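We number chain A the same way the PDB entry does; the residues here are 216-318, 323-350, in that order. Both counts, for ligands and for their atoms, begin at 1 and track the order of listing.
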Amino acid sequence: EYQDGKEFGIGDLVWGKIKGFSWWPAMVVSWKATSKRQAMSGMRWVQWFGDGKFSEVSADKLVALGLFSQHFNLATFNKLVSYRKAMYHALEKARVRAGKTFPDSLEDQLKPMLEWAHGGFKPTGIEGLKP
Ligand SMILES: CC[C@@H](CO)NCCN[C@@H](CC)CO
């Protein structure tokens, strides 16, 4: 599955861009997770953080979550609680994968995770976000 010459494999944390939305964090999943169909060549099933829905998205409309500063939308973050919730769930997954720990509102748990992400996911850097 996903042998089409494009990047992103199962478990990869990504930003996904679907028409009419900010870049949104997601995880690349197997089509078997979706209960739908195999993805067309050149596409990936992703599951969006925050709402848990599945979309078939072109691999060219995906970027690594680790490219964080570049794709994080501060306006969307300020405007939408659903986006903030998505960030939390996405960064929590990132955090556990990287072996990272932080020292309790949504915005308060989020604060150091966001700082971590925005700052480059130190000390591991983005290699720590790998599945
Ligand atoms: C319209 C409902 C809102 C709240 O979850 N969706 C947030 C955006 N996430 C969708 C688009 C990336 C994925 O369904």
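Comparing dexmedetomidine, metformin, ethambutol, sulfanilamide, the one located at ligand 1 is ethambutol.
Of all chains here, the one making more contacts with ethambutol than any other appears in the PDB entry as DNA (cytosine-5)-methyltransferase 3B. Heavy atoms within 4.0 Å of ethambutol belong to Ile233, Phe236, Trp239, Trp263, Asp266, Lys268, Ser297. The organism that the PDB names for chain A is Homo sapiens. Of all UniProt domains in chain A, the one holding most residues touching ethambutol is pwwp.
Listed by number with element, the atoms of ethambutol under 4.0 angstrom from any heavy atom of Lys268 are 14 (O). Close approach of ethambutol to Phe236 is summarised as follows: ligand atoms under 4.0 Å from at least one heavy atom of the residue are 8 (C), 11 (C). Remark: minimum distance from atom 4 (C) of ethambutol to any protein heavy atom is reached at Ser297 CB, 3.8 Å. Less than 4.0 angstrom separates atom 8 (C) of ethambutol from at least one non-hydrogen atom of the protein. Of the protein's non-hydrogen atoms, the one nearest atom 13 (C) of ethambutol is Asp266 OD2, 3.1 Å.
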